[PDB]
Q: 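This is the structure, below, for whatever I ask next.
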Amino acid sequence: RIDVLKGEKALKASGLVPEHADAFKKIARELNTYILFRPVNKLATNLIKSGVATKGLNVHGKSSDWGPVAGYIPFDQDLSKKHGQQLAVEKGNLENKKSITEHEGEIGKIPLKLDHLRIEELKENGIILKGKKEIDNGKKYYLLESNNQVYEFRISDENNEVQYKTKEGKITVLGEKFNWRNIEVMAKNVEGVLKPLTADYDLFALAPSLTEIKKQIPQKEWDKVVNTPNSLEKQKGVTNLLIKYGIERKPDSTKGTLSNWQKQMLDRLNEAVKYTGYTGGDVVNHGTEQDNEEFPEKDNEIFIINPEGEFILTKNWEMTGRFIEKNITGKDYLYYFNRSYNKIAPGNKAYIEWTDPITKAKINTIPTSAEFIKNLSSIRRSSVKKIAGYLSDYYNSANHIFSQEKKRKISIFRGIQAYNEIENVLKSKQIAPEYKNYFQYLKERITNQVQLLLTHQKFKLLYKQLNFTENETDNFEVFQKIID
Amino acid sequence: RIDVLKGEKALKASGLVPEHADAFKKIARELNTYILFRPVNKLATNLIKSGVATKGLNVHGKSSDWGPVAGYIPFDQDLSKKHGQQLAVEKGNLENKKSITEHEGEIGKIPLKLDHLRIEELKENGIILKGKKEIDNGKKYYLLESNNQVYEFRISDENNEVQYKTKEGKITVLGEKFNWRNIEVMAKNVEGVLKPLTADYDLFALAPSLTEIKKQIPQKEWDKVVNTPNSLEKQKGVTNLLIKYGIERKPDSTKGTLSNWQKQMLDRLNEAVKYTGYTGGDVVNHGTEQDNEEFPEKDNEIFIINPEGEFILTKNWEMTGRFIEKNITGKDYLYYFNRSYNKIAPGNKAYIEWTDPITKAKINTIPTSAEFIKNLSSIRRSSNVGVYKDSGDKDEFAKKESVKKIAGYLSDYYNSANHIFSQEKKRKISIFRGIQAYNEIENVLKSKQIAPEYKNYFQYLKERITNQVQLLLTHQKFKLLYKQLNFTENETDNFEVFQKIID
Amino acid sequence: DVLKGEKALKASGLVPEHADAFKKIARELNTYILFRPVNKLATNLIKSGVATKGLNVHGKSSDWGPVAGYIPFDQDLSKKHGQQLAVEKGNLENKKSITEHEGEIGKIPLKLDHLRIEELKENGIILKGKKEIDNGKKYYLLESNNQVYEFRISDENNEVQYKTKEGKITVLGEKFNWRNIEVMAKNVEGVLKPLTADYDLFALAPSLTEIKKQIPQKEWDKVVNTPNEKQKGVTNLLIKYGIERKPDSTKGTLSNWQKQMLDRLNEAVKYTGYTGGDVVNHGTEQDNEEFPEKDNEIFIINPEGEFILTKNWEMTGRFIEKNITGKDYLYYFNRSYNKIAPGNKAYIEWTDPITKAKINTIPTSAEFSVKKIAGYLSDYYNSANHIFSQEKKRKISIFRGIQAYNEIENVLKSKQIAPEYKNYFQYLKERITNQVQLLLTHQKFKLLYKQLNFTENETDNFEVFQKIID
Amino acid sequence: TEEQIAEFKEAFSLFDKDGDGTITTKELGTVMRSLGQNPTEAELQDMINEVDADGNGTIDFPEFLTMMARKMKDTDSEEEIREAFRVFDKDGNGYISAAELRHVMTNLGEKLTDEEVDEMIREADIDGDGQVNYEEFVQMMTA
Amino acid sequence: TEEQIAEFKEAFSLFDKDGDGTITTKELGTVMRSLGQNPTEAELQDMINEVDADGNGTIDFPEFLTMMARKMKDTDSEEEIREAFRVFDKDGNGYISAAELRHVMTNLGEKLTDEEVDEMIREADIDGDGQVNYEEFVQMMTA
Amino acid sequence: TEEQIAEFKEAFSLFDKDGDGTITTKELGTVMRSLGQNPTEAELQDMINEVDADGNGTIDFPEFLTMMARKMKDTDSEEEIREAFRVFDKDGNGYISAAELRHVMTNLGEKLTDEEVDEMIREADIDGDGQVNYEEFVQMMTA
Ligand SMILES: Nc1ncnc2c1ncn2CCOCP(=O)(O)OP(=O)(O)OP(=O)(O)O
Ligand SMILES: Nc1ncnc2c1ncn2CCOCP(=O)(O)OP(=O)(O)OP(=O)(O)O
Ligand SMILES: Nc1ncnc2c1ncn2CCOCP(=O)(O)OP(=O)(O)OP(=O)(O)O
Ligand SMILES: [Ca+2]
Ligand SMILES: [Ca+2]
Ligand SMILES: [Ca+2]
Ligand SMILES: [Ca+2]
Ligand SMILES: [Ca+2]
Ligand SMILES: [Ca+2]
Ligand SMILES: [Yb+3]
Ligand SMILES: [Yb+3]
Ligand SMILES: [Yb+3]
């Protein structure tokens, strides 16, 4: 039992527009595939529902969750959710400036106008309050308050444009100060007219049923594998067929990096919400998060819609991990996790951890020469050949003509072989402090692996009785008998 | 009508030393040229007047506007105006460290000494207050206060050196904490002696009279161009002199990037203030801000001195724009605005907007074959590079309909050959050429959705081509006359019907 | 104006026993030992045998809250608390330690042992407060005068957890509920053990005798037994075995003798009962050229065995000057001093006698048919000069200087000379002036320049000047 | 710059029924013309002969990229011109009018007649709109 | 990437009794094999002949660095595979079992018999542990 | 190393009545000497003959920049020396005195006489000031 919210309560925290979510159950079910969304700016929801357009990959400015511009994409990113975070604000603005220039006529900015109804919406949510009136150059304004301490906001009675200025003696994060001026918001060009943008639905991950993936594979391209006398070169093409149509992903022009089935699924989603009335366009604009390798966001609450059509909301990252494990990656569903996890994401240096079974095993599994070499590469950030060779001997596909009983033997030996060509390197010179550890490590691994193969059938115990001294098909003779 | 301050009140906000400003009226007038200054550290003014030297391009540390070191250039940039801004402080210091090392013996730092009179000046301005006395190692000190909460300052009675330390439990922006220690200030080497520096007069922009620029042109060279037949090459001749002598600029060694007339004007300015007594040296050390393309500063208040000799102080950027528009760039005066405006300044990523007519009209203007082929490049940043030919998945198709014609047809629109025809003719041949391109384009979109953004580029061209044509037409008589025209068979025939259609 | 004994040791941060133990080595090896400050809240942990951080861990320790004394993974819980850039730079460092050194370094939940809480209560760092129950689990709040975070400890396993206060925001602009406090740890025998501040050594100044002892009796002889180079044969046997330093990874850049001196220091501490291995993991700050730290208080233990604690950098400089670099002891100061350290752009100043008496002159351009460009004019220090007599030299010298006085120097009005060059030549001239009066006063520049007229090849005026020796 | 080379690359691959990337001098001109230039047949020879010693008449990018790397030297004044345009346009309407052309001229000494003026405008005018737009002002300054 | 070239550099200097840095084709294979590859003698010729026109049989880094700069193109799918491995391994034990191999298969249409299944495992299995570890899953998908 | 090359560049162009940038071996020495070096006529040949196979006797920068790129290897100890100087100078006056030279020596074993000492100072002394300044200490340590 995990502690996750369900239905109504969860949808509430998801941020998606109810109608849209309900509409999504349909696709989740029909296509038997889990749909997971990253949080959605709650103050964005209503805007979305009212048909406002959402931001695509050509807009990386962060939305706002406070003040009159709440729900929109303020040009001045210190008015966004990243308010007060110098680096984020700065990185945020550069992004907007880029959106404005590298995409002229595509994206632009426009003054924020708070419609009569929106002010109301905001009053309820307790975000801002229409206050006392003010007159400034023969012009009528009405102050708009917020518990914020740096800025002061007001709205024009005529055109309903909102303006803001820095408070007395107060200073912007970027160390600015200014008087009354319009609040610009990111907008996209729609039919020659510039229309404001708002948060979109960011997909955390799409987990389809293996079967659903099958439908992606062409009926005779699969048979040309299924129906193959051989077994090895089959299990390969069957896997490569999973990859190509199920796993592999590619950088689309504006949809970011996503796969092909994902592209479809994407369209179904946007379709679904348009049938409900969404006239803003797409609500989902790109690949998913597990492919967002440069700037991974680690959210606490994930909103999941299972192929049943139910609503679940993981409470915390650790939990989201469980859910995915118990109900997806462990239940015949296609799933791959962000390649940056367990590494330092290049873009924002994020370090999001995730459970990776392959690693778990590392401790009991001797390495391939490549890994062994590539471990000597990334160990050069600050020298002998029979080892990497032997490791290449351990993993030899030639073994596919021998018997398990044989295999273990030849392997058990090959391991002991390497454990030797290694033991003597350390018996040799200290070389580099960290290189010493690498071998004390290999040793243990090689040890465990061997010791493992042995308990499969019958380490150091049988290590005192073996040869080092004169090298061909002879030192291997004694061993044969030793294992029996 | 604009809300700008004038005279005395404006001068007050300008920061320039009164005498110096008055002295400037002279040059503004005499040379019939607008002079615009960026704000000047008000707490720097008096220091300047008292003959303190100003900082040149070899010193990028920011001045201070509070505390005892107000007006000077503190080595510890957290004592400057950028106080409390970690990144700015840090960037500020690196700059000082550089000034100190990459310019040894040229620039240096020295302890700040507050002269008996300066303390007084500071007391009036309400910056610091001489407080209680203190004795610390047999040495007499007098506390100096400030409404600041991080630092504490005191001054030596003997040599008048000011020291400062961080308050109890308080922490520096850079996360430091230390006890009493001298306040060092940037200084320059003058005759083997190190003298303190202060804010200089940064010129926002210099707008001279076209005529004044004429005096720059050698009367002979103006002749070898004003004396010739070719009516068209008549203008092009002056245009290039106007440039060569007033528009072009170059990177000087220490004066940054400025033009030649500007170099002169610069000297007149420094001359002028020396006539009044300024013994510090130059008060103006660099080209104007309009050439400061890497790190543009966007100030709110600009101080302008018109060729009349009056003082104006724009209240805000938007206003400064108007002023310049209504009284300079629209009144026969030479003016060019920072090339970084409307772009992302490379240095500080600033994005200062300015009104650029050329653009404000590129909506009713048809693109150049080049002002197109180049776009196709930029828009090629949202895809992978490979082969222009054969871009489809199918092997039966290898070409995006109207590949080059759209370009050529644009090169046809802008043909200098048209200089032998009549306007009436021109509009016609052009109006057509446009409709021609609007076709070779319309069919590209009619062909395949090629790239999402490439689609927009054409929906754009379309509109433009549209406006341009529709514009030429209302000059004399769009889609209305688009239904009745040929596509199907391509030489001097589809052009015949058109002829009559326009009448 | 420096603290001494007990009082100083108190401020040093070292574990008393360890310091006392150090007197022994300082004395025995006649060598000054200088330590940079040590996190006071780290002291006790060290003493209780906790392991210290080596160069593979650059996260900063903490000096407040339950995690005080350790290396929090979340660097906003460290001493750098509240310093966005430092926190961020700190974390990246931890992330790196965790990844680029897998299985070597790791992180683990912080557990506050029954005694530690007590220790913390005395130091007045945290207080065990009211109880709390959260999912059938028993917790006890731990307070701190901090305003951003809130801490609690589990009664079962004694794990400490923390969360951000209501409406409060992390420096990095975060907010989260209850979660474990992870701490940097190193792998020890397959088990992950927590780390703490080490004993970062400031400097080491051995009795000049000691570096001799370092030299092999042979290599020394082949130059001391009248092989007179000697004059330079010594300095080089002084360099290679006393000044020369080189990288090393586990330890950083340091010197052979230093390496040894390390070992003795470490061993020297085991004896007191220190379990967690080494406390001195790497070369001295004077070789930490990329990211120099400028501390206020330095802890010094003189070859006598006494304890001194400089109060401030300016003072630490004096101490070193009066009692070390001026008293026959080997010492070299961080090569980054007086320069902009590359790594952190630090600019720590130090007194360089060489720059002291910098009123002298040599290959400048350090400043960056018909013979006029050629000729021997920029070579004041003519090696071939030991042939002349001290008098000739001082006499000829002045001449060579003046030779440069009006060389190509009077070119003060070549086209448009920048105040930068003039300033130099000027200065240079200001040098040649003093770089003469001395040679004079030794045995008697603004003396007589009217008795000098250089309007011909230096050879012609050569005779002149020699006649001016009067 | 990146865009620079990027631009020369766009046109180059615009017309090239060669495939791999090698055009002829029979079209080299059209390229430089579509890319905003008006070279004379005399200049299209002394260059395609200095660097192109192949004697085959085949041209690719690396070669072309270098030719442009020379011409675009004392002509890259694109800026100065654009600024100058803005100088004439007093009313800031985005176009240069006769009245405007007058002032600039008269203020520079050359006093022109309402006739001569209107002559220059028409000459420079290419669309017949009765005014000079930047694009036109450009051609007129670099033909 | 840096590591990429860094990797090719590690092995290259691993075996080279030449010194300066020049090996032979008599060992070129061993190198590519120790670095995780199984090239055929037919491919080790048509390449060492295109770039190596020296006719000496001497090879260095800059040359080798380029060959790898081609092969590692439509094979760098290391990721996709590694991910696929994780897809089969339902129990997340780090190894692929027959039972597991079954599901993936049956769920993809191909219904296999407890015999055929155990055949595939045993074929792919290299150590005889009775299961497929990533390393093995890799070889089986590459070699 | 920017400054390094920058330094070798300063002197190189200091004397060169060639113009473009090509000097002779008749002056190559003067260059290396003005740049702080004392090479022997024997070393100024075996090098200007290995890299300079032109047989013309013409030298430029790229060539020179490489020669220096070799000599400045086991001599760049500028640091170590400078530090050593500071070690002798106990009084921190910036100069090395006989008294000082004594200690360092006696403390290193070699007990010298007030005579021998004063001999070394004078030998190392170049200006006759009766003391050794860093510059001098340097020359004395160069060879
Ligand atoms: N496949 C992908 N390709 C590129 N970027 C991606 C991909 N998937 C995710 N990202 C990164 C960011 O997705 C958009 P972004 O605007 O940053 O979302 P957000 O931060 O949730 O919006 P908000 O700020 O409007 O709340
Ligand atoms: N023409 C130019 N070329 C290059 N840089 C320029 C030009 N004009 C201005 N600059 C750049 C920096 O100007 C000086 P700076 O001293 O940094 O000004 P400031 O910030 O107003 O000084 P203050 O800090 O002394 O108040
Ligand atoms: N010889 C050297 N080589 C390289 N780096 C060095 C050397 N000597 C010192 N350093 C740099 C930093 O020493 C370790 P560091 O962990 O940063 O100390 P600290 O700052 O005192 O730790 P603390 O944060 O735990 O109090
Ligand atoms: Ca106009
Ligand atoms: Ca026109
Ligand atoms: Ca498994
Ligand atoms: Ca196996
Ligand atoms: Ca001395
Ligand atoms: Ca001397
Ligand atoms: Yb998104
Ligand atoms: Yb300035
Ligand atoms: Yb350390």
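Order of the sequence lines sets the chain letters (A, B, ...), proteins ahead of strands, with each chain counted from 1. Per deposition record, X-ray crystallography, 3.3 Å. Atoms considered below: every heavy atom in the structure, side chains included; atoms not considered: hydrogens, waters and symmetry mates. Ligands are counted one by one from 1 in listed order, and the atoms in each one are counted from 1 as well.
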Q: What would the PDB call the drug seen at ligand 1?
A: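 Its PDB name is PMEApp.
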Q: What is the name in UniProt of the chain with the largest share of contacts to PMEApp (ligand 1)?
A: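 The chief partner is Calmodulin-sensitive adenylate cyclase.
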Q: So, with a 4.0 Å heavy-atom cut-off, what else is touching PMEApp (ligand 1)? Just the chain letters, please.
A: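 By heavy-atom distance, the answer is A.
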Q: I'm curious which UniProt active-site residue of chain A ends up closest to PMEApp (ligand 1) - could you give me that plus the heavy-atom distance, rounded to 1 Å?
A: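 Going by UniProt active-site residues and heavy atoms, it's A:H60, 5 Å.
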Q: I'm curious whether PMEApp (ligand 1) gets near the natural ligand site - which UniProt 3',5'-cyclic AMP-binding residues in chain A have a heavy atom within 4.0 Å of it?
A: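 Per UniProt, the ones with a heavy atom under 4.0 Å: A:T257, A:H286, A:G287, A:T288.
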Q: Of the residues in chain A that UniProt says bind Mg(2+), which ones have a non-hydrogen atom under 4.0 Å from PMEApp (ligand 1)?
A: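 The UniProt-listed residues with a non-hydrogen atom that close: A:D202, A:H286.
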Q: Would you list any other ligands or ions less than 4.0 Å from PMEApp (ligand 1) for me?
A: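 By number and name, ligand 10 (ytterbium (III) ion).
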Q: What is the residue list for the binding site of PMEApp (ligand 1), using non-hydrogen contacts under 4.0 Å?
A: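 Within 4.0 Å (heavy atoms), the residues are A:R38, A:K55, A:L57, A:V59, A:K62, A:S63, A:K81, A:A199, A:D202, A:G256, A:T257, A:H286, A:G287, A:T288, A:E289, A:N292.
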